[PDB]
> 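I'm reviewing an experimental structure with ERB-041 and have questions.
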Amino acid sequence: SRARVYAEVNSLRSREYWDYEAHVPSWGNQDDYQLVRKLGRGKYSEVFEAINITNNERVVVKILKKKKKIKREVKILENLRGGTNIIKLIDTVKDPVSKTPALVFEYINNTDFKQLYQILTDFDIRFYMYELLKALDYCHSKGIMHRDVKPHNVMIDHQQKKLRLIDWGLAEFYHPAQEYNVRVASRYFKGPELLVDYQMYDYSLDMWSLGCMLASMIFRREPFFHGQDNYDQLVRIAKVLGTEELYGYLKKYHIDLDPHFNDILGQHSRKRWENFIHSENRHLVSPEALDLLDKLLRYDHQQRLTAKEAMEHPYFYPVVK
Ligand SMILES: C=Cc1cc(O)cc2nc(-c3ccc(O)c(F)c3)oc12
């Protein structure tokens, strides 16, 4: 399998661009930063609102929990810096006591998605999805898969109508035919490819995750596919997309399906997306929304819209207007 777009991006650039193991960060002194408020945590870092005490600028400081992984994140952020709606890396620093590496970013005043998604209009969803597509078309065009697209990693300042895609710690360079670790994304946003241990995935993985976000936004079921574990996640998907459709996918790409799935997958017809409309979400759903969604949440990673293709869809006509 190969990416339909941006397949040869990395091979056509200087080795320096993508050889992140060769990258040498310069680690400055974190004592220039006062970490005033804890914002959030995860398996890979803790994040603080901070002030640069030399010039009084507001920033975020992300304290990281192997060097190779740090180098990857840093090189990717540098490669992407300046890109539309990519979080801007400002510095790479270490606390002089702890010596622990930390990344300094621009500060966005985020509106927590649980509160926000409840009050978005149809137009707002189109608007923010368009902005997130700008970030994804950009990073894909730069040979990079995010591989952790989810509401938590999409910062929105609703007042300033600003969006940043954050947490590039699972991002990787795309190289044709390379086999990638499937232990990426967060469960509810994992593409089928990850759930069946298919390693030759590409940028299309991010478009599945984006589709999951779009379904949760227009239908108000968040998350949309709520699996209890990695096995059940695929069952949840198959109850919507259908089982015969899944087997077709597995056959085409010669994927070995874990034998345990035969006990739990069942027999499910493909469900029409109209099945998810009810009186509480009707005002966020349109034929255009459902047409787009159907073209993102596809088992076959090759057939999912690219970021650029998605941006040309009628769903986004109002936003471009
Ligand atoms: C955690 C909440 C949070 C809240 C907020 O107002 C701004 C933030 N910026 C980040 C952030 C930026 C870059 C990263 O790589 C990262 F992991 C997090 O997280 C933020």
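Residues: numbered from 1 along the sequence shown. Indexing begins at 1, ligand by ligand and atom by atom, following the structure's order. Only this structure's heavy atoms are used, side chains among them; waters, hydrogens and symmetry mates stay out.
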> By the name used in UniProt, which chain has the largest number of heavy-atom pairs within 4.5 Å of ERB-041?
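Most contacts go to Casein kinase II subunit alpha'.
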> Can you tell me which portion of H152 lies within the under-4.0 Å heavy-atom range of ERB-041? Options are side chain, backbone, both, or neither.
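Neither; no heavy atom under 4.0 Å.
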> Taking UniProt's active-site residues in chain A, which lies closest to ERB-041 and at what least non-hydrogen distance (to 1 Å)?
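Rounded to 1 Å on heavy atoms, the nearest UniProt active-site residue is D148, 8 Å.
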> Could you tell me whether some N/O pair between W168 and ERB-041 is separated by less than 3.5 angstrom?
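Checking ERB-041 against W168, no N or O pair falls under 3.5 Å apart.
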> Looking only at N/O atoms, are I108 and ERB-041 under 3.5 Å apart anywhere?
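By distance alone, the answer is yes.
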> If you take the nearest heavy atom of each of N109, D167, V104, which one is closest to atom 14 (C) of ERB-041?
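Selected option, by shortest heavy-atom distance: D167.
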> Should you measure from each heavy atom of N110, which atoms of ERB-041 turn up under 4.0 Å away?
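Selected atoms, number and element: 5 (C), 6 (O).
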> Just wondering, which UniProt domain of chain A does ERB-041 mostly touch?
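For ERB-041, the UniProt domain is Protein kinase.
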> Polar-atom distance check: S45 versus ERB-041, any N or O pair below 3.5 Å?
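Between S45 and ERB-041 (N or O atoms, distance only) the closest approach is not under 3.5 Å.
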> What are the neighbouring residues of ERB-041 within 4.0 Å, counting only heavy atoms?
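Heavy atoms within 4.0 Å: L39, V47, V60, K62, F105, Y107, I108, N110, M155, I166, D167.
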